[PDB]
Amino acid sequence: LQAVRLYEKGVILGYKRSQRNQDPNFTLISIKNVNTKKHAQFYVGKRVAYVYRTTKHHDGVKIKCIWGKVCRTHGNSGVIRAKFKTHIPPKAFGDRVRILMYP
Amino acid sequence: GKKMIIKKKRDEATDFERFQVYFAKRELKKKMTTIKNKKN
Amino acid sequence: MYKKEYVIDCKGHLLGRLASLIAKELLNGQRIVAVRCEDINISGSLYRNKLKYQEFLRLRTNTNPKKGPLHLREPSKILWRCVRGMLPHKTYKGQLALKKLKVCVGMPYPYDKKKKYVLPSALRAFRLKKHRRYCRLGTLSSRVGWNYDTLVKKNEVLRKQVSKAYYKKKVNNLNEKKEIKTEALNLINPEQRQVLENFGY
Amino acid sequence: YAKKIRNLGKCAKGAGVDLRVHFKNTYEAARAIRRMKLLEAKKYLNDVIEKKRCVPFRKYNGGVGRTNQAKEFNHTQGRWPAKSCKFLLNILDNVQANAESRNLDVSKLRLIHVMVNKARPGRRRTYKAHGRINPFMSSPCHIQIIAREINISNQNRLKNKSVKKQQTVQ
Amino acid sequence: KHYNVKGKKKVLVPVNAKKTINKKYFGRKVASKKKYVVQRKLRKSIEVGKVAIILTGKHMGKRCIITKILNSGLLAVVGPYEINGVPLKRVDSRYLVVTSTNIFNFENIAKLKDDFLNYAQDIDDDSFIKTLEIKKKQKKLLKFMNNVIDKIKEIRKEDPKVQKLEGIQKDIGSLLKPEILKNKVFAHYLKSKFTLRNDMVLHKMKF
Amino acid sequence: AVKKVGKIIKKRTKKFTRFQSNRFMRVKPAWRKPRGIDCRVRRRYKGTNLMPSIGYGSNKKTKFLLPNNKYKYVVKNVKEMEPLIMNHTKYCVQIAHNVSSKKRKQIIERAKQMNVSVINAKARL
RNA sequence: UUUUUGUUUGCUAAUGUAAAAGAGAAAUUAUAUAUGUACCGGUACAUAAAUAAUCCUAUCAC
RNA sequence: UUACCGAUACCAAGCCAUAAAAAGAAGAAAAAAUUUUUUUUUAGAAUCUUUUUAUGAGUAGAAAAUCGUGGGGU
RNA sequence: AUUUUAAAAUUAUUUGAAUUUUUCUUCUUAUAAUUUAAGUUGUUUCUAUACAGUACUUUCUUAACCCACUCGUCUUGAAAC
Ligand SMILES: O[C@H](c1cc(C(F)(F)F)nc2c(C(F)(F)F)cccc12)[C@@H]1CCCCN1
Ligand SMILES: O[C@H](c1cc(C(F)(F)F)nc2c(C(F)(F)F)cccc12)[C@@H]1CCCCN1
Ligand SMILES: [Mg+2]
Ligand SMILES: [Mg+2]
Ligand SMILES: [Mg+2]
Ligand SMILES: [Mg+2]
Ligand SMILES: [Mg+2]
């Protein structure tokens, strides 16, 4: 096996939202097999990284990453809210995110 | 009941124990593979 | 919904609920193949359903029916339409989600060899009381002109035989594996064996 | 001229000040010409004058018919703007002459810049309706043509990271 | 030194004021008015001979045994180099998931504990932080490719503190290795990398 | 959004452009406050241009500090340069747009002597 | 098809991904029962019955 | 019956303005260097400075503070 | 440039009491220190041994999620057919 996971998989969903009001300050994350509030709480302090690819190289690379902290659980069904260093692009709304094991 | 207990055991296991189990499985696979080869 | 592509076996499901289930997943970011769409059930009585369909058909655009409500009468098509209804398809994300969905009548080329999933919170057996009238979608489609129902059924039947054949082989393989395991459990190491036994395997 | 050239030694220019031809037709012709060997362009112009090949009216396409020769440019509309074409041909000829006067081979010259700007309208009067005088102006043009002869950071930490990545890959 | 407020008993560690801040209407003064900062106090699972998984390093996922509570809060870790490949590595408590398994709980290795402790004690805090000179030297190589890397490695080796650390690691390996090898399964475990799979839920894990 | 750099907080980096300045050429971006009934901007409907307001203002303490943390001072002449001999860490010189090249050079030289930063030293360089 | 390096005059070397980290999993069918198996839809015997709460597949470098 | 989501409303914190309120006509601090140099400041502008608290919708309208244009004396 | 003081609290001492007999028992006589007082500081990286680069700033550019109806106007009321 080449490469080791060490993170839980996730899907970076919408922003924190009304019915028709945005709130880009928080993102909503679905974490693989976590379906309840209680389970969600386990991940609360863990660090989240949205890694993404680009055409132009930057710090000599095609992959860059934005970091976040995972702030609180979100309503009954294991979803969590995550707050990031800089707000996530909505291009990301169906994308994968990584929830690391540290803190 | 048995399956429940197995599940419980799995839940309660230490990382090392999981690793041990994995090792055992691997060993079995090796042996199993050999047996299969022999059969063939 | 973290899989590459979920194949959903649409037999024995309850239409609208199924559609709803699909839609959310699609939105999230999941490739869904709704397969075997002839056997999706609707919670109303068959006649009622038919009437509803007729009514829907009647609402066409008055000036030029080339545009307006396209009354797609294939069961798969109907399902797709339903899914779309439950989506923000007028945006870009919604459109993408819609595209991601694929609907099939019966079972085609690759989706016979892929694992078929079931949505338990949408099943007819779990959502309807058995004294209420339900309606098979294929039948409904046939009633409102689909024609290719019998053919589809035949195809399904044919596929079933193949599946059975494959299943037998699979069973045999499983048995063989079990036998091998039984043989080899004595050939490992005592402590290891014990450990294995303890952890169910 | 409008173009950024750098070396004018491999270029030959030609201009038309105030041409008595319609701006739109001429523009279309110019467009048709653009990015072509000079001789080929000339040939094309000649053909259009003799109504053999059409110029495709793609920009100013309001009311222009529907010719058979337009299929050549993947378009449906096209015309044979005679006077305009003639004017353009004249300018091309001038350009060629200029090139000759220097030391450019006419076979390897490509039109790199075919600009048509609209000059000031020549005012005339038309008479309408219930004693109404209206402008019957022309749409004159300037034509500008240019032919041309055609043949970090290291960072130690970053470096280390890169090395690590390479190792992992291996 | 310690303070016992509300029944916590927090334990104080002497700190130095480094940051200077501009005065309101005259000359600058030091930022810190406090002289003692409360000690880190690690979790009730971090011990002295437990095996832990490094989450973030280059040795990402490797299973390394804990060594010394290094006073600065962050602890020392070793995956006995000759077995796992993890050197004498300083690490924060957060970037390590400590397993419930302890080395000194096994019947074979429990007797060689005092020596291990002594070794740990011998390791110090200042032996890790690279002095500026070395860094400067390393930098100086930037102004072919692999050659540069080699040079850097050489420079690293040269460091006397580094050498000492290496020696210590070697000693530890010598002390520990054979016993580990003898417990074959354990050795294998030590060697292997911890990876999450499509069944390991993480939130229900009790490792 | 907010643009923290140092302790320097900027609340609103985006310029407030005039309503509809983006719709008719004749309307410049320069903020003008909309009057009259049915403005939408005046009424502050979700989705329109915002109205500049006093809440946006920067902390009294860091206000006219530039990214450098020095108040910009315009300089036309050596005499003017001189008031900032006792202030090189707090005001930074900008040489007037209309200064001739020799004079500019002289000013730059003076600045270097004073240890005072020049924000536009490169004009006509 | 395989390999190598790259995609760090309008051009004439050339980059993009709504989604890789194991994106693992082919009976069928009933839901007040199904599935096999063996005979003649019927009979007899097994088998699933928190069914993915599972199973498979990982790390054994040289 | 819980749980949750959910406003520019509420709370906690910052900053901006307005209003009011406290109050105001002399002095070395630190760091870096190596006991002495260097680096920063070393404040006192009454519609001003420092701090405190509360408050902030707005057409017709009123007022204040600013900003800009053509010329004049300085 | 003396309310970042005074006290509180805490630590190690010292004198006297108390009924809540107690390694956080309280008051109090005295002394030092500290912070739970008296609104965040420290450690290690990184940028980086760089003069501008693909990093960093910022302008523009499209995307994308959510929202957003032509302004002025008279009018109880204008996005107004
Ligand atoms: O929403 C109803 C309806 C529509 C359609 C569809 F548009 F897909 F053909 N199918 C329906 C069905 C369907 F047949 F199961 F699809 C059942 C009941 C109502 C339906 C119609 C729509 C017009 C007004 C109410 N009856
Ligand atoms: O009020 C004193 C004062 C005195 C005198 C003086 F007596 F010289 F005229 N003049 C002052 C002035 C002055 F009048 F402008 F000179 C202003 C402010 C304070 C003054 C202050 C006291 C603080 C130190 C400065 N002078
Ligand atoms: Mg109104
Ligand atoms: Mg209006
Ligand atoms: Mg107001
Ligand atoms: Mg809208
Ligand atoms: Mg009216």
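Below, chain A is the first sequence line, B the second, and so on; all start at residue 1. Order of appearance sets the numbers: ligands from 1, and atoms from 1 within every ligand. The structure shown is a partial extract from the entry, and contact counts are restricted to the extract. Worth knowing before you read on, the calculation uses all heavy atoms, side chains too, and leaves out hydrogens, waters and symmetry mates.
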What's the name of that drug at ligand 1, by the way? (11R,12S)-mefloquine
What would the PDB entry call the macromolecule that lies against (11R,12S)-mefloquine (ligand 1) with the most contacts here?
60S ribosomal protein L13, putative
Exercise. Using a heavy-atom cut-off of 4.0 Å (strictly under), which other chains touch (11R,12S)-mefloquine (ligand 1)?
Worked result: C
message: Hi! What's sitting within 4.0 Å of (11R,12S)-mefloquine (ligand 1) if we only look at heavy atoms?
response: C:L15, C:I42, C:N49, C:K52, C:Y53, C:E55, C:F56, C:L59, C:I78, C:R81, C:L140
